[PDB]
S.K.: 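I'm staring at granisetron bound to soluble acetylcholine receptor and have questions.
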Amino acid sequence: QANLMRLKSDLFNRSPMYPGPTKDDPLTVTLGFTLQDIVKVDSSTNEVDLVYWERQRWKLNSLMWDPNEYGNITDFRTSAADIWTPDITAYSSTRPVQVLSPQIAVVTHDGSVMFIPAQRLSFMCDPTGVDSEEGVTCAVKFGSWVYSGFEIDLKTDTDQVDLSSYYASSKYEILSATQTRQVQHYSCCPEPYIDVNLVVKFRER
Amino acid sequence: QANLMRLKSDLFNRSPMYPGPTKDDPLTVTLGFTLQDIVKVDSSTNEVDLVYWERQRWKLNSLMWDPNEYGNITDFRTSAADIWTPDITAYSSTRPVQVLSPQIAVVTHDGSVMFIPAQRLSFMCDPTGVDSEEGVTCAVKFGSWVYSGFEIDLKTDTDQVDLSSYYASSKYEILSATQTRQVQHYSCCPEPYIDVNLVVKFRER
Amino acid sequence: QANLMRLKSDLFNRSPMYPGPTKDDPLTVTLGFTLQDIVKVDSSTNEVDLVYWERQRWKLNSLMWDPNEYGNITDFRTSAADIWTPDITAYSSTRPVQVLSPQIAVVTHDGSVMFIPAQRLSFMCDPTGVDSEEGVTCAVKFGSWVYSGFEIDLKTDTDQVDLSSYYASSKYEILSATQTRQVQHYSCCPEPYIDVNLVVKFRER
Amino acid sequence: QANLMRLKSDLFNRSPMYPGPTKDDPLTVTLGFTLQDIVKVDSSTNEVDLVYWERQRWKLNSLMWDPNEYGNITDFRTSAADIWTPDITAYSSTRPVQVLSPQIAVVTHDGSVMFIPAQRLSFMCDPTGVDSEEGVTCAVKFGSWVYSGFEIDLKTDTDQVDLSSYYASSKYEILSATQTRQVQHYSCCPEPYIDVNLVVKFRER
Amino acid sequence: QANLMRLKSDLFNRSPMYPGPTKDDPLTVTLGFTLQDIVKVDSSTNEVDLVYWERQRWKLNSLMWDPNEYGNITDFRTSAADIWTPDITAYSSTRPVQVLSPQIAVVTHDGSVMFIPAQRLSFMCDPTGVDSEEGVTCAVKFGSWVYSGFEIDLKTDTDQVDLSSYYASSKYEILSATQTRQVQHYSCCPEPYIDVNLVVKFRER
Ligand SMILES: CN1[C@@H]2CCC[C@H]1C[C@@H](NC(=O)c1nn(C)c3ccccc13)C2
Ligand SMILES: CN1[C@@H]2CCC[C@H]1C[C@@H](NC(=O)c1nn(C)c3ccccc13)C2
Ligand SMILES: CN1[C@@H]2CCC[C@H]1C[C@@H](NC(=O)c1nn(C)c3ccccc13)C2
Ligand SMILES: CN1[C@@H]2CCC[C@H]1C[C@@H](NC(=O)c1nn(C)c3ccccc13)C2
Ligand SMILES: CN1[C@@H]2CCC[C@H]1C[C@H](NC(=O)c1nn(C)c3ccccc13)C2
Ligand SMILES: *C1O[C@H](CO)[C@@H](O)[C@H](O)[C@H]1NC(C)=O
Ligand SMILES: *[C@@H]1O[C@H](CO)[C@@H](O)[C@H](O)[C@H]1NC(C)=O
Ligand SMILES: *[C@@H]1O[C@H](CO)[C@@H](O)[C@H](O)[C@H]1NC(C)=O
Ligand SMILES: *[C@@H]1O[C@H](CO)[C@@H](O)[C@H](O)[C@H]1NC(C)=O
Ligand code: NA
């Protein structure tokens, strides 16, 4: 708490805050999902609720420091409201996402930030076939809402969704879960937008 | 990050916020709807729920700059709470509108602002006949709540609601989707009032 | 915009906020209701849901200005948070009232304020007989919570509830809707309180 | 209004907020309840919902003033957020309480404060026998959450619950309703613990 | 109350905010659960709702003080927002935890802090067999969300969950309730994490 108080002051109070990436200084955000449980399936309205962890990672020069000047501190924890965060969001949610975890990020001396919110999400899915052997497939896109591919690019560290914390006695079993970076060119806008596509095939019991 | 900080502070920290339009200095807000899905139909209460993107566009002289002065930044993204926004509301909602996307807008050097919140709206519609071949038509009007057409004029770039992102496997099919500007030279108050009427015709299957 | 910025700064940033009325300087608030729809009837809990606009009007000398001193501005819109508002509330709600419109008010140069929040309200009503030819009668009264008649008085411009914007395809037809000034005395307190009684008789179909 | 603003400035700005009661300077909170309706009874979850008013009264020397020094002002109204309030909490709630009235308090020149929030409360109650003629009895205790009897004392003005505003067409019929101060000493601690027990016997029709 | 104001001002305002523990200056959080009721069991979504109090205890050296310098004050109550708090969270919640008690803590002159918030938690649990004589078992982990064992270790003053406040007329009786410290090693990280595993076996009637 000696040099850690002095470090956080030198980063947040003295210096201004990141106003977000630009075309001249773009940013790459790494995205990884941890599927925990499929909680609800509404066939009357086509809604499916997921509980998942959202791994987000990015790096800013204006967060870097030299450990030898701050008690050999390599990393720290702080409120996610102390730093800038990307506007990563689902394209087809039907309700406001609810947050299940503390909003705290980890900041490392290279300027890399690690932020992993646990969330609950209702989204659009016709769940017809979930009670069959073949199951049913759903998909929901995640990406920046207002920044283009020239300002925020996405990447994944793997095409496989982490299922190592999927709830055992879940009403549903996961057949396949894949997260896949796409580059989307919409008819509305001259700039492309980049998303990671969370695709899940699943079935009952 | 260097020129953008200076730009954001010159625009926001060096002038009081735009107090809004007046009779002498009216404003034109362009409006457009993207129907993503019809999410709920209640024939017992006559409530229908929509998920849509509401595109709002306007231009302010006080938000103009010369890029040459700012490292040739032509546009930037900022929190919607940094800038003035129009009081566009649905005239027949039954529940508070729920925001599904980040509250971020796009400001351009010409002074223009693009703001597209994704939203869930519950409004008044008798869905009787939805299970017929002919379907049922709902309608909901959007406009400024407190500004007359003398301060805020409305406008659409097209009469057709954007259906390019409509849920491929939706519970309902859209038969027609129109967005129409309407002007009341009388609405219980001696003053011209303007709305954009959203008319949606749809049926089950 | 230059003059309006100045008027608002002069009103809101150079004088302490109005501390509300007192016995020595009372206030009269005008109240009117516009019934848009009866959205829910629950005979198992005796709750009825209304959607209405509540019109509130009052005058403060501390909001007066001479137009000549400010570009001939005669009136402007501002956030309701910028001004004092009366604590008018429904007496028999069963759930927190929900606001459906922007919290913005019109201020006029003579010091008059017009504030019209659209709302959804759940209140105590036994709807027994609503499917009868005669119908059922519900009532909810609205008043200040902590200001007596010596500090806040209420009046109405008409005794008839505005039904000109009632949903044409509502589940319920309105047989009569009145709004009446009433003096209430409580056992706890000597001072009388003033409210406005909203009486609505309606039926199905 | 000049004297009021001056008085408010003197109480809330020329001084720090009351840090709360201590063992050297204890405080007595008078508690009284007003039952308005019993709105929900869930026999499967053992939850009952009340709509009631919680009357709290205490007196601070720091809130005293001589009316002669302030143009004869003997009392005023002000947002509950401007002053300290006791942590009177229900001990067996199942859900967060929902506020139904404005949060304004009345402050009298003797330093006394009167604060009466209207609330919807969900609490633990096996309602078995509510349809019988003997009905059912439910109870919920109210007191400080973190202050012992050494810091906050509780007191009632009467043992009868105010039924003068009980909903006339309520689904239920109140057989008895009492509010009783209770003290429980413990062998580990010299500090007593104080609560007011709200006991309601009721039945259908 | 004069001494208390000066104490709180010396500890909070004339001192930098505690930045949380590190590898160098780690922290031990003592954890305890008082179970009040099992309020909901959903067998179609595998969700169980608990209401409980969560006793948190820890000690900062930065919150120590000499009572002799501040009028023999041994402890005081203050908002949980005035001080740093551990990010203890449930690992398998399905909805945001709902706080039922005031967010106030107690700080002792030795620097120790006791924080006991009442809560409603929804978590993943297959309730299959609850209506049987053997009953059913649920488990939920609680621990820091961003800190490892190096920064935060957990402790329990006992291994039995307090059932002395369990609702007597509950829909369910408890068969066993344990709170047991566990040390994990998730594959993502080379550092260990501490958690306390609340395990509850129970049944109807
Ligand atoms: C990820 N985001 C980007 C692409 C679409 C969804 C969001 C919002 C944002 N959308 C848009 O900018 C957008 N959408 N429509 C239908 C338009 C029509 C005309 C002009 C702009 C737009 C950009
Ligand atoms: C966009 N807005 C304008 C047009 C109607 C919808 C909203 C509400 C606003 N309403 C009104 O201003 C309004 N309404 N009633 C019944 C009144 C009676 C007397 C004076 C004013 C009003 C006007
Ligand atoms: C409209 N108002 C609401 C809140 C305060 C003033 C009035 C009267 C009423 N509340 C009262 O103030 C009130 N009620 N009871 C039973 C009391 C007992 C002692 C002192 C005051 C009261 C409700
Ligand atoms: C207001 N309070 C009451 C209700 C819950 C919150 C607080 C905590 C309080 N509990 C106590 O602090 C408590 N209880 N027992 C049996 C003890 C034995 C030794 C030391 C402390 C306690 C109970
Ligand atoms: C369960 N966890 C959460 C809460 C604390 C213990 C652990 C550790 C912590 N972080 C992680 O869970 C975590 N980190 N990375 C890089 C991951 C990659 C894939 C899956 C999970 C993670 C948060
Ligand atoms: C508390 O403070 C007083 C004042 O200085 C001190 O003299 C005394 O030791 C303490 N209390 C007792 C035991 O008198
Ligand atoms: C755009 O502005 C930049 C400022 O660095 C300038 O270097 C550049 O010349 C400008 N564009 C043109 C016309 O080259
Ligand atoms: C307002 O209007 C009057 C009359 O038209 C005009 O003479 C005066 O200059 C105006 N004041 C301002 C500042 O616009
Ligand atoms: C209160 O002020 C008025 C004068 O404005 C006067 O009637 C009265 O004397 C004053 N109070 C007392 C106690 O005199
Ligand atoms: Na009243």
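Proteins get letters first, then strands, A, B, ... in listed order; numbering begins at 1 in each. Atoms within each ligand, like the ligands themselves, are counted from 1 in listed order.
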S.K.: Can you help me spot every copy of granisetron here?
M.R.: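 It corresponds to ligands 1, 2, 3, 4 and 5.
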S.K.: Which chain letters come up when looking for other chains with a heavy atom under 4.0 Å from granisetron (ligand 4)?
M.R.: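 Chains with a heavy atom under 4.0 Å: D, E.
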S.K.: For atom 6 (C) of granisetron (ligand 4), state whether the nearest protein heavy atom is under 4.0 Å away.
M.R.: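 It does; a protein heavy atom is within 4.0 Å.
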S.K.: Looking at atom 19 (C) of granisetron (ligand 4), what's its closest protein heavy atom, distance included?
M.R.: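 Residue, atom and distance for the closest contact: D/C188 SG, 3.6 Å.
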S.K.: Could you find the nearest protein heavy atom to atom 23 (C) of granisetron (ligand 4) and give me its residue, atom name and distance?
M.R.: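 In this structure, atom 23 (C) of granisetron (ligand 4) has E/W53 CZ3, 4.7 Å as its nearest protein heavy atom.
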S.K.: Would you mind telling me if granisetron (ligand 4) is within reach of the side chain of D/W145, the backbone, both or neither, using heavy atoms under 4.0 Å?
M.R.: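 D/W145 to granisetron (ligand 4): contacts from backbone and side chain alike.
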S.K.: Look up the source organism of chain D in the entry.
M.R.: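 Per the PDB, the source organism is Aplysia californica.
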S.K.: Give a yes/no on granisetron (ligand 4): does D/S144 have at least one heavy atom closer than 4.0 angstrom to it?
M.R.: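 Yes.
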S.K.: Give me the nearest non-hydrogen protein atom to atom 9 (C) of granisetron (ligand 4) as residue plus atom name, then the distance to 0.1 Å.
M.R.: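 Of the protein heavy atoms, D/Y193 CE2, 4.9 Å lies nearest.
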S.K.: At what distance is the nearest protein heavy atom to atom 8 (C) of granisetron (ligand 4), and which residue and atom is it?
M.R.: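 For atom 8 (C) of granisetron (ligand 4), the nearest protein heavy atom comes out as E/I116 CD1, 4.5 Å.
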S.K.: Which granisetron (ligand 4) atoms does E/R55 reach within 4.0 Å, using its non-hydrogen atoms?
M.R.: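 This gives 12 (O) as the contact atoms.
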S.K.: State whether any protein heavy atom lies less than 4.0 Å from atom 12 (O) of granisetron (ligand 4).
M.R.: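 Given the 4.0 Å limit, the answer for atom 12 (O) of granisetron (ligand 4) is yes, a protein heavy atom qualifies.
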S.K.: Which residues make up the contact shell of granisetron (ligand 4) at 4.0 Å, heavy atoms only?
M.R.: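 The binding site of granisetron (ligand 4) (heavy atoms) is D/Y91, D/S144, D/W145, D/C188, E/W53, E/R55.
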